[PDB]
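Macrolide 2'-phosphotransferase II bound by spiramycin.
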Amino acid sequence: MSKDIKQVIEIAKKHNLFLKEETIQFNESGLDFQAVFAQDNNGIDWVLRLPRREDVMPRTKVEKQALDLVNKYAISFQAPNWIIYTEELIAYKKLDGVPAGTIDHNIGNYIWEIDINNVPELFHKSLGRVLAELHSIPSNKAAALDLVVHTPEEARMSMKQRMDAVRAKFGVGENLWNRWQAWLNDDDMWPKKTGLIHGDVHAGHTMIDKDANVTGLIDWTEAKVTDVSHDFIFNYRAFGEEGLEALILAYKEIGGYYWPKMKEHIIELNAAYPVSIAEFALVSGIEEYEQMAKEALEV
Ligand SMILES: CO[C@@H]1[C@@H](O[C@@H]2O[C@H](C)[C@@H](O[C@H]3C[C@@](C)(O)[C@@H](O)[C@H](C)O3)[C@H](N(C)C)[C@H]2O)[C@@H](CC=O)C[C@@H](C)[C@@H](O[C@H]2CC[C@H](N(C)C)[C@@H](C)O2)/C=C/C=C/C[C@@H](C)OC(=O)C[C@H]1O
Ligand SMILES: Nc1nc2c(ncn2[C@@H]2O[C@H](COP(=O)(O)OP(=O)(O)O)[C@@H](O)[C@H]2O)c(=O)[nH]1
Ligand SMILES: [Mg+2]
Ligand SMILES: [Mg+2]
């Protein structure tokens, strides 16, 4: 249960947004924020991002820093440009296009806007464009802000540490743990460069036009300079090896950092997705996600 119309009106009013109530539309796809789309009495349309829990707004500090960087240096895609930003409300103008898919909590999966039964080649190609562009923003510009910046070995040690931490808290199935460790311990599989990543790339953030060309990305709380591989994970989860291959190919061809074992490395990172599920469980405190994490970790 989240905020209702009258509550949203009051939050918006406190922030000098005076909404036309009949235009208010709720979008509940986000685990961290309630989203509202609404037009104000000035005829101006808004996205209103309303935090669901105490842990949410503290994670937006880096987000704003990352958006400043991406809005300044990105040329071929849009990102939110926040107009209002307080501990109670973030607001910005809606990006062009529509999300390639959006989570429906009644089924626990996506309602797709693209033909999931035959994904357009332009979607992989253009996501490749967007990611290579993003990942090329100079790391020194991120270091001058409070963003996390990993060298390539720091990215590896960060993964080692995060795994150790989840094992200590939850346990980890022995076979899963051995798989993780064999990946960590295989020098040849790791990237030798890092870049600025989005960190939570998925269909629900990937804005597309009528041709399934990606034109924008929302939700930048996980941006940092680290292993670029994270931004390929959803393509593997949703579209399998073939979809991962298509995205890698496009990224490589347009100038993105590539190394010989990139695909295999990404697949291992996917096998380590339970680390991320566990971390969400701990950060959010949501009991169902603790259960999910234990299942995912094969405890
Ligand atoms: C986008 O990823 C998605 C993930 O959503 C992400 O889940 C990560 C673990 C979170 O990231 C983590 C790691 C971190 C390092 O980023 C950390 O800083 C951050 C705090 O948390 C991250 N957000 C918080 C950054 C969040 O968007 C889940 C949540 C946990 O997995 C979204 C829930 C609505 C889940 O729907 C649910 C309903 C409830 C249900 N179950 C519990 C009863 C469950 C199984 O599925 C829907 C699942 C759909 C599955 C279909 C496949 C194709 O879809 C994908 O693979 C994408 C998803 O996995
Ligand atoms: N179409 C569209 N949807 C948006 C936009 N901004 C946010 N949303 C929706 O609002 C939801 C929640 O916003 P998000 O920043 O992802 O929140 P979080 O996932 O809870 O951290 C997203 O999943 C989208 O469905 C936008 O600019 N356009
Ligand atoms: Mg989101
Ligand atoms: Mg988020």
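Numbers in chain A track the PDB entry; the residues on display, in order, are 1-299. Below, all heavy atoms of this structure are taken into account, side chains as well, without hydrogens, waters or symmetry copies. For ligands, and for the atoms within them, numbers begin at 1 and follow the listed sequence.
- Within the model, the positions assigned to spiramycin, copies included, correspond to ligand 1.
- Counting the atoms of spiramycin from 1 in the order shown, those under 4.0 Å from a heavy atom of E279 are 15 (C).
- Not a single heavy atom of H205 sits under 4.0 Å from any atom of spiramycin.
- Which parts of spiramycin touch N109 is read off a 4.0 Å heavy-atom cut-off, strictly below it: atoms 51 (C).
- Organism for chain A, as given in the entry: Escherichia coli.
- Geometrically, spiramycin and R237 share a nitrogen or oxygen pair separated by less than 3.5 Å.
- The distance criterion of under 3.5 Å between nitrogen or oxygen atoms is not met by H105 with respect to spiramycin.
- Using a 4.0 Å heavy-atom cut-off, the binding site of spiramycin is formed by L31, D32, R59, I103, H105, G108, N109, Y110, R162, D200, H202, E222, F234, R237, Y273, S276, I277, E279, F280, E288, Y289, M292.
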